[PDB]
Amino acid sequence: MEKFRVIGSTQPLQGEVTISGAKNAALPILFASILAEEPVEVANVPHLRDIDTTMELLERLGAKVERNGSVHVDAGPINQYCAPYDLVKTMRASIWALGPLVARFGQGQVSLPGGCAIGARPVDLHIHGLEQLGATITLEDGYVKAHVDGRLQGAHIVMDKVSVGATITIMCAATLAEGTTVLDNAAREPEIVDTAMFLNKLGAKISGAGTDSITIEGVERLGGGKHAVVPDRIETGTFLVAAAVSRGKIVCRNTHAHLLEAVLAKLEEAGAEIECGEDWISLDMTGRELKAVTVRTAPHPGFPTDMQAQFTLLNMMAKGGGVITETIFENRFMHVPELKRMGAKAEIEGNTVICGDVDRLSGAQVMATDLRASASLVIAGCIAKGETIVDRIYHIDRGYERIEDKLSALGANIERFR
Amino acid sequence: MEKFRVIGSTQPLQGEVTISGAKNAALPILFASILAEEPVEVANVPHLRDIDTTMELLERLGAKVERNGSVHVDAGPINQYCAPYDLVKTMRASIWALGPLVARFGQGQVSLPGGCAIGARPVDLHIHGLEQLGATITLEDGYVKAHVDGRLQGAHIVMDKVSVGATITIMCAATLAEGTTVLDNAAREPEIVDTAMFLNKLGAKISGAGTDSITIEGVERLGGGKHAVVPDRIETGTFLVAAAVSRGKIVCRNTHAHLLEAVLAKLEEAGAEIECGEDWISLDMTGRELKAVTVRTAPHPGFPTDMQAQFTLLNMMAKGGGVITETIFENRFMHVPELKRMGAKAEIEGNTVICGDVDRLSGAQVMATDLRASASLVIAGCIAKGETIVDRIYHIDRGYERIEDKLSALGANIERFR
Amino acid sequence: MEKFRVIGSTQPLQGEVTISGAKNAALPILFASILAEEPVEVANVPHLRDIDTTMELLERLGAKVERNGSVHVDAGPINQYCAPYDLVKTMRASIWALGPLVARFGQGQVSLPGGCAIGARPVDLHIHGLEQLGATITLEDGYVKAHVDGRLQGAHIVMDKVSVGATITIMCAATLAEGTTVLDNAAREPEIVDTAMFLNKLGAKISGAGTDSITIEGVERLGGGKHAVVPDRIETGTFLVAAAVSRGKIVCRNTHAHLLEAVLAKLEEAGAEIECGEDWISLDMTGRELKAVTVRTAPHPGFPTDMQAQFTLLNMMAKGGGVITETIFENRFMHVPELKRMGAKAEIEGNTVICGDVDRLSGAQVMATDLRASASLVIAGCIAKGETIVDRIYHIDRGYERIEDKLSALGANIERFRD
Amino acid sequence: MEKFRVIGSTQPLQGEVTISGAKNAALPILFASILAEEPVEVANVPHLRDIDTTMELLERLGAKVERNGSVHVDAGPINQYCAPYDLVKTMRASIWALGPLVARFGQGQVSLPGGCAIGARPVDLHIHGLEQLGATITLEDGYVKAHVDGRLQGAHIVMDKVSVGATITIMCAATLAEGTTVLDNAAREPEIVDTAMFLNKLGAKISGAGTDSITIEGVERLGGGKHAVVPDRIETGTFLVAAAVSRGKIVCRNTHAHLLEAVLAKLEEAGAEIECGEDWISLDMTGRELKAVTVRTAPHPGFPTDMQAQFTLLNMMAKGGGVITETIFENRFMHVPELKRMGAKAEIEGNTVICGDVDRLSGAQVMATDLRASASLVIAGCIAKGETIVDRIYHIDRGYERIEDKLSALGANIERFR
Ligand SMILES: CC(=O)N[C@H]1[C@@H](OP(=O)(O)OP(=O)(O)OC[C@H]2O[C@@H](n3ccc(=O)[nH]c3=O)[C@H](O)[C@@H]2O)O[C@H](CO)[C@@H](O)[C@@H]1O
Ligand SMILES: CC(=O)N[C@H]1[C@@H](OP(=O)(O)OP(=O)(O)OC[C@H]2O[C@@H](n3ccc(=O)[nH]c3=O)[C@H](O)[C@@H]2O)O[C@H](CO)[C@@H](O)[C@@H]1O
Ligand SMILES: CC(=O)N[C@H]1[C@@H](OP(=O)(O)OP(=O)(O)OC[C@H]2O[C@@H](n3ccc(=O)[nH]c3=O)[C@H](O)[C@@H]2O)O[C@H](CO)[C@@H](O)[C@@H]1O
Ligand SMILES: CC(=O)N[C@H]1[C@@H](OP(=O)(O)OP(=O)(O)OC[C@H]2O[C@@H](n3ccc(=O)[nH]c3=O)[C@H](O)[C@@H]2O)O[C@H](CO)[C@@H](O)[C@@H]1O
Ligand SMILES: *[C@H](C)[C@H](O)P(=O)(O)O
Ligand SMILES: *[C@H](C)[C@H](O)P(=O)(O)O
Ligand SMILES: *[C@H](C)[C@H](O)P(=O)(O)O
Ligand SMILES: *[C@H](C)[C@H](O)P(=O)(O)O
Ligand code: NA
Ligand code: NA
Ligand code: NA
Ligand code: NA
Ligand code: NA
């Protein structure tokens, strides 16, 4: 198991960082490419483990896949329709293959994702969504087995809850259904907007993406095309926090303020000065005193739960307390007892963390548990005093491309080892 | 203390009900008219106590007010700026007086509302939204005291949580600020749309209302005009549920399905046949079995917390159990133990009620506690066996207009008495 | 509708206060006397609205009832078996009438309590506990109708949750059942112990009260007798909070520390010097810095939920934050938005209050919603700057005896008034 | 990693099983023996990973240790005082080393445990209680470092909350203090009672163990002795559920009903025939109808949280719903989504699972995440239709001795493989 050895410092993290394509846009785009009958190019895809898994999954369906900067996909010759346990237990996102498969081939099988470290994370909304589009779905031997005689049919659908994943499953499958689909109470996340933009280039007709009502007019087939994935707003916030919490000064390139206004306002409120350009965001925390903030996770454009662990660390270092309420997932405070091992002060109650204030963390051996928690611990390591060992660092590589290099270019002292 | 004596019946409720203007659009529109220098007419306003309290409150500022079908307001000669405790303790919506006063006159005092039966209901967002428009705000003798030297200044504001009230405060006040305001993560409720249509008729420049990003270009003054208040989606919901739970058959006039797509979909799922027209909605339940649903309250267009009490009842009488989860207010199951007095089966756990199934309620003396719970008890009274006395019915009059007359036309047996 | 006009001061509250008998012991014991075939005298009973309500409820069953220092009760000639809606809507402890009546007479009807301000407060455990003693129970037109053909039958009962009320129902009712009952996971509140002491004087055979396992050996009947009610630990805590929060000095007479060790340790943790005698407790906070504390309400001997609102105020005036977590009742933070009107700082999330720090509160008009919140507002009145009007003050009289007079003896400026 | 291959059947699980000594007794007793200057012998100790790890902990302090039926410990020559990271990350109960060490040697160091999967599990109450006995405690490099100049000082302590672990820590440490200690609001779990019996045989002076006030009079030193560990009530509960959920008939030996009255009563309420002897409990579910039940977890003698996963399975197979509220640990529902893979039906909200009804589960591949979930998954494997693979089965050996053997003796078809 790979680990990070991090040697901390009161040195501010400063410099520049090039922000990669969004993990959470590139995934649903690549799964959406199953619908396409012609070759497809997806530019600005980061190198992550979840993309290798996704790439392998498409290969195992009969698609031809190749990558470096872009990923090229020829989904034309797809002639298998299963996403097996072996891969799904690796990556629950695999659920996204069920919609495109049934919609294009009338058939689809996908291992039901078991339990996630951050929550039970059921998929009822995906299932009920495709059923509403005319599919028949069962569970046999732990596989969600879906099928429809003919084409899926357009329907008016109102989501019980706001769900990113399910909004996508339904929107994507609806592109090849007969007639028109109106999905109400959809999620507004910008990766949804990007997945629609991509599909529309292939010959789909999706309108209202990024509003709570999405209209999809079904077409008989989708073609080919090129698309550059939207920048990663979470990677972006992650580095801004890294600068904020170290009295630092950083500019993020190839990223856009409109993707993360809630985070940018919270960072301004915690003391930072923020500037924005055509395609960059800068943060200056030099000579500014870090102040605690109150936070409530919520659907976009509210505060994203993917920034929650990073702001737990911020508040732990910020004077004036700091309270974080997590509404989205039920078990996403696993970073707290780890940070406590480094001398951090906080208390948990239901869905809320109440942070104390601490001048400086102490290096210690800690263990990553999930993707965003993992990053917070590495940042903690950078500012702490002495040597930090972050075990199980493969979690980071699921969502950050070569984070040790990116942070090293900012003055961090990080070693990847076995 | 007025009461309702209801004699229940197995007879399904049938007929027509004419839906009134939305209470929650009428109110902010009325408070918004404080910004107007010229006479205003607000049509399609229901007769509720809360609208009387709002009228009394404008009178006390120096406005000229009168009504019957419409409400007529001349806020030109206003020369006092305090909303006093004796009225605010009656109706917390009075905080809406603060923003217009300070925006137009540079000054405002409103009594800080105390505890609500359904929740703590703080107004921290209203105060902090106004502070970002450049107002200086104190609390003194229980009065939220706001002031600004000159005009408020437009700003970029990102809401910390979704709030209907706070969104309104900020939008209305920004219509007279110098420069442009952008309000992100605003509430999307349809009463916000209405208020904004109203304000634009007076010379305001508000775009994006009904989306999560509201842009307001400030103007130096607003003039006069005439506006008709959007129909009440909650009152619509309430009668649709009455029909459904008595296995009956109704049509609601002067309403629009697009105001309540979440409610209509749960009524369909529960078994009801629903048709919609240009300005009407019907529900037919005759010879259809009532089926339990799970519901989760959320901000519009999700399932409204103002429909939750009524849907508790529906589940209590429906087969298959039913689960209602309330995310918005922390204490809105006060109806449950009073319904249990009538023989209902339910268990509360945290923010969730788990309903059993019951064939028919039994009449009993019960007590209304809040507006929406009140109507649930009344509906319950109509289907129960024997006589139900609902104490403290003045709550119903705050939000429904002569509901004993509307239900009477549908065949209910209801007496108002002391 | 009565109010208090409180005028605040920085002068610490100082002096003595004589603790009355526990309301929450007085009540079960009076409902318990329904079992008694002959005269009973209950000493050390406070003068409260809830006791007046209990005495009328007893009268309406056919008991003969008088009071002043004590309450005298002859339950011998009881001839009716209904607790009517008009009384239960007033006081939900009226549910305790169900078990004695069914146990002694084979029958009892009691109106099913509605919603309470502080939580839904179902009574399913009382009912189920009585069903398991052999009773048949139905809900008919809002009334809990219980009957049994003959005497109740002892049973081994394991409580699904800890409930003060239900433990008492089952305990009392069991004293006239045939054979032996063992109640497990029983509440251990001292008011249960005192009710058990009371019943045993009348010829009952209750053992293990105050532990999690209570054995009741049923008897055929119960005599009469005399009992002085245990001190009120909540009133005790409430005055000790008053001294502490006013940076003052107090001694409470006719009370015992062993009733509230959890409150005392938190008061010491808040920075107070506390001393105890055989029947008194003193607190001195003079020259001392009030420090915030974290609290988790929990069954006795844990931190009592009835002290929560008062400790909410304590933490709001204390430095260092302060976190209060309520695990018992679901909606018991109504005092918070009212204290906010007086300038307090706190935020609520779920079952937890996170308190800020404030040097001095500010007088304002405020509304009592419940008994314990009522007292916290009064105490806040005493230390705030200026005048405070506490509306709907009748709540306080449900559980405190002439509280304005007790506070006035300490230095407070309080006026009960109308209109 | 070892796995179980289970092949399910409708065959009822029937026969006998011998209950071992309680895991949760044997551990605190073996940590308690750090106090003793003379050899100690602890009989009826189960063969479990956690007991190997404890024996290793003890040796590393310099104690002499053998086992098989019993564990022998000679703590006399202890010359070291650290519980290192490499052991604590394996088993957080190593915290119980801290108290005995500082009590006996004036010094102790223990790695601050990180996150547990079932909750954050802080240890604040152990620290604050040892400080109240006169210890000075610090956090340094992730180690809890305790020390006192001389002997500990008996104190009057009220626990902020009920904690099994801290109760024991404070109780054990107090046996060597100068003077008397009174631990109010103490935990009452029978494993505390057992530990105190063990200590009094060595010369300690503990009384009240079993109630909420424990009085310990300090002595100078403690000698040696023999003690048979109390039967495991959770292992007992677990086999009783296995029979109940299989329409089965079982008798458990070397166990006592008074250890688990809460569980027996819910089993009876579920429709099972229970009978109890001097040292046995039997359950007969043959030809009986399994009925759902409600459970609220709570401190002993309430319903134990270590039975909650098993009772989740039970209610999932029982008719009439089933609600389970967990009030002790904040993330103890990880079995749920894994059972869903097997066709189980249930939803979760906050601290509560709302169970549906299923006639028979479907074999699938599933993942154990903790001790009690692990066992519930194996039992589900025995009653499901088809083949079930439970991965990461080492979890189960942390607390159940040779469970595949105990279950085969009841009819089951289980295979341990790699
Ligand atoms: C795009 C991606 O690869 N993963 C992201 C995606 O996860 P994901 O799409 O799983 O997140 P969702 O918005 O679907 O889920 C949010 C909440 O809704 C619940 N829910 C969801 C579906 C369902 O059928 N039933 C149900 O109850 C989930 O358990 C969770 O409690 O959005 C999350 C919300 O920002 C991000 O944190 C994840 O990083
Ligand atoms: C229009 C009107 O007269 N009343 C409606 C309005 O109330 P209202 O405008 O009060 O509702 P909000 O959306 O503002 O409140 C929603 C949640 O946000 C919280 N919050 C609100 C303001 C604030 O400054 N801080 C804060 O934390 C509230 O306590 C609540 O828990 O919207 C509610 C939600 O649809 C409706 O049920 C009410 O019937
Ligand atoms: C007259 C009297 O002595 N009143 C006290 C008594 O009230 P009371 O006896 O009502 O309080 P309980 O101990 O019964 O209630 C504890 C918890 O159990 C729940 N519950 C209770 C009974 C039941 O049948 N089902 C059920 O679910 C309640 O809703 C509550 O959440 O104890 C409370 C808790 O210490 C004190 O605050 C009250 O001042
Ligand atoms: C080795 C052992 O005997 N383990 C058992 C023991 O664990 P353990 O002794 O760790 O359990 P505790 O009773 O201490 O913990 C109960 C609750 O208190 C909290 N807490 C605990 C200690 C502390 O210092 N601060 C704090 O907040 C925990 O988060 C938990 O939510 O009791 C549990 C409760 O039945 C059982 O499930 C475990 O199997
Ligand atoms: C953990 C985050 C989930 O189970 P995965 O499928 O995304 O790994
Ligand atoms: C209850 C709904 C609130 O407290 P009000 O101010 O509207 O009376
Ligand atoms: C409120 C405290 C309850 O409903 P009561 O019966 O004591 O008035
Ligand atoms: C999980 C059960 C805890 O971390 P452990 O230390 O007992 O493994
Ligand atoms: Na902080
Ligand atoms: Na139902
Ligand atoms: Na404080
Ligand atoms: Na609540
Ligand atoms: Na079930």
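Chains: A, B, ... assigned top-down by sequence line. Here the PDB entry sets the residue numbers for chain A, with the shown residues being 1-418 in order. Chain B is numbered as in the PDB entry, which gives 1-418 for the residues shown. The residues of chain C that appear here are 1-419 by the PDB entry count, in order. Here the PDB entry sets the residue numbers for chain D, with the shown residues being 1-418 in order. So this one's X-ray crystallography, 2.5 Å, going by the header. Counting starts at 1 for both ligands and their atoms, following the listed order.
The chain in largest contact with ligand 8 bears the name, in UniProt, of UDP-N-acetylglucosamine 1-carboxyvinyltransferase. Drug identified at ligand 8: fosfomycin (bound form). For fosfomycin (bound form, ligand 8), the other chains with a heavy atom below 4.0 Å are labelled D. The heavy-atom binding site of fosfomycin (bound form, ligand 8) at 4.0 Å consists of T90(D), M91(D), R92(D), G115(D), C116(D), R398(D). The contact set between fosfomycin (bound form, ligand 8) and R398(D), taken as ligand atoms under 4.0 Å from a residue heavy atom, comprises 2 (C), 5 (P), 7 (O), 8 (O). In chain D, fosfomycin (bound form, ligand 8) lies within 4.0 Å of these UniProt UDP-N-acetyl-alpha-D-glucosamine-binding residues, judged by heavy atoms: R92(D). The deposit credits the origin of chain D to Vibrio cholerae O1 biovar El Tor str. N16961. Of all the atoms in fosfomycin (bound form, ligand 8), the ones that sit under 4.0 Å from a non-hydrogen atom of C116(D) are 1 (C), 2 (C), 3 (C), 4 (O).
Residue-ligand proximity, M91(D) to fosfomycin (bound form, ligand 8), at heavy-atom distances under 4.0 Å covers atoms 6 (O).
Considering backbone and side-chain N/O atoms, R92(D) comes within less than 3.5 Å of an N/O atom of fosfomycin (bound form, ligand 8). Result: the UniProt active-site residue of chain D nearest to fosfomycin (bound form, ligand 8), with minimum heavy-atom distance to 1 Å, is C116(D), 2 Å.
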